[PDB]
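In what follows, a structure is listed as structure tokens, so that the remarks can point back to it.
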Amino acid sequence: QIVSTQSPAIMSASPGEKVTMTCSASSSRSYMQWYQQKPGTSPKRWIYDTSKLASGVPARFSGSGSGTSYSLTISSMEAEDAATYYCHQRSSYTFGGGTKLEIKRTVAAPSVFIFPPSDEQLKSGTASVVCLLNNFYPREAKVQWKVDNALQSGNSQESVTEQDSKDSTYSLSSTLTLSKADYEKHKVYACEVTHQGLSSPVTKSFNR
Amino acid sequence: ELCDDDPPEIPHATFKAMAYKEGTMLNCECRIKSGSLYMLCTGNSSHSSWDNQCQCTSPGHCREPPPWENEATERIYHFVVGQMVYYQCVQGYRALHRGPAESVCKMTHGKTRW
Amino acid sequence: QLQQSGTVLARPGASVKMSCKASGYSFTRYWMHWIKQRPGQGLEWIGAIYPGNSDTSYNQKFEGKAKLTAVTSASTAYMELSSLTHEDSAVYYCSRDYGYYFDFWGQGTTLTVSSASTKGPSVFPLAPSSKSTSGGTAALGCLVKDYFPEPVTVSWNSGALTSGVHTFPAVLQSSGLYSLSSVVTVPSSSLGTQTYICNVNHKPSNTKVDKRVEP
Ligand SMILES: *[C@@H]1O[C@H](CO)[C@@H](O[C@@H]2O[C@H](CO)[C@@H](O[C@@H]3O[C@H](CO)[C@@H](O)[C@H](O)[C@@H]3O)[C@H](O)[C@H]2NC(C)=O)[C@H](O)[C@H]1NC(C)=O
């Protein structure tokens, strides 16, 4: 059974840059198709029969390859192109893993906020501590929790937005979830932030 | 641009296309697990060919594909708009129409017809 | 053209049958493909069916999980999905095959499989303070906790406020319920004058709360 593999998984491009993404077959193929997908919509035809563009596909896009190695190419990168591209073949109908293409822009340091658990939440018996990293680039950031200088693990979850439509930035929340018992058992709640745009690691904290 | 209509079944007549237009689909029926559904007539700027091969168990155009191990009846093709097939009289004798020219796909104001 | 059935909920072990109603073309003459997409991950081919003779073909991963059928008289393709697990929670697309490529797709069907029952969220304020200020800016928000299923909807000031709003993707908690935060950045000076309310709406549970956020 034929299996497609795409490289890279995620790549960034500044407007104007040439972008190249690779898809390789496990066994020889005659043609390669590519599909485009943006969040909240269906995949759309993009490139078929290796090099043939579908109706409405910009001239910036070209398709290349043969045998077991294929590629999609954007000659000049534009904002409209940020998407995931899946390679696909009509022999056995398997898809590649997809290449997510994003916008590269200059580094931006995250604004760092911390929120203590609301009074109302503490009645229900649970405490959520929220650390927010606002409007930064690139996506790569490390956030850690420390209660009374004890590094926490296993009890926090992170959420990251998609690239903003104007800023091209990312926002990130980290949430510390603990029982009212655990919460009251301690004093200092620290959010420790590591990012390219900072002289890492920066700590935002509060005493209970 | 695929003809969603079947060619007309005329009494004492057999219809065959000589050359299949680029985009035609031939379903593969007889069973053939692994993979391989239909065959697509397509190619690059300089060539034309059928894309896949079909197993079984229990100029600008493509040339008719060679018969595989098990295939029943007249083949159920999916023609494209502008494709033209030709009728031939086998043992049934009628030829009051001298010049033979019928059965072409056309996009008549939105719907395909023969 | 290609209209699929609405969002489904299911428990582990159950089955589910979703539909895909074709219109505006001969349902008989085209191959109909089904494609899975798990949250975050990529596309997976489930299988195909020719409604002219019900000739089906499957991906090896789904041989005994998916069943593909069609009712020519309805112009509708069906897919039944058996002994459902958490890994079946995805978005399912049906698409027509144009040989060259799949030329038309449905809007998709979101299957969620869980042993949780429908629950409206608790909405907690994320109150602005000295912590949660950065220079000229202050940040405030709403914690939308313990709900099932997706989606929730958050607006600020009945949709009057838009700039600076970030509403994070929901994370599935270990308890089986979802949670997310909605957050907006404002000038610190406008914290006294302007009033801030998040509008959390969860249609699956008919619940809706308006929470006022303040220092
Ligand atoms: C699309 O266009 C190409 C471009 O000319 C077509 O030409 C030739 O296709 C055949 C494949 O059937 C290739 O023949 C092979 O050539 C190699 C190298 O000489 C030889 O070692 C093999 O034994 C084989 O016969 C050939 O590469 C290719 N010609 C050129 C100049 O690239 C081609 O038929 C069309 N596409 C496909 C997928 O076949």
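As listed: the chains are lettered in turn, A, B, ..., one for each sequence line. Here chain A follows the PDB entry, giving residues 1-208 in order. Heads up, chain B uses the PDB entry numbers, so what you see runs 1-30, 36-63, 101-156. Per the PDB entry, chain C residues shown: 1-215, in order.
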Can you identify the drug or drug candidate present at chains A and C?
-> basiliximab
Which chain is the chief contact partner of basiliximab (chains A and C) here, given by its name in UniProt?
-> Interleukin-2 receptor subunit alpha
Dominant UniProt domain of chain B around basiliximab (chains A and C) | Sushi 1
What source organism does the PDB entry list for chain B?
-> Homo sapiens
Heavy-atom pairs under 4.5 Å with chain B: which chain of basiliximab (chains A and C) has the most?
-> chain C
Using heavy atoms only and a 4.5 Å cut-off, what residues of chain B make up the epitope for basiliximab (chains A and C)?
-> B:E1, B:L2, B:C3, B:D4, B:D5, B:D6, B:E22, B:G23, B:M25, B:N27, B:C28, B:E29, B:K38, B:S41, B:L42, B:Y43, B:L45, B:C46, B:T47, B:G48, B:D56, B:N57, B:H120
Which parts of basiliximab (chains A and C), given as chain and residue number, sit within 4.5 Å of chain B by heavy-atom distance?
-> A:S30, A:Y31, A:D49, A:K52, A:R90, A:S91, A:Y93, C:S26, C:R29, C:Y30, C:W31, C:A48, C:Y50, C:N53, C:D55, C:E63, C:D97, C:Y98, C:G99, C:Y100
Return the name the entry uses for chain C.
-> Heavy chain of Fab fragment of Basiliximab
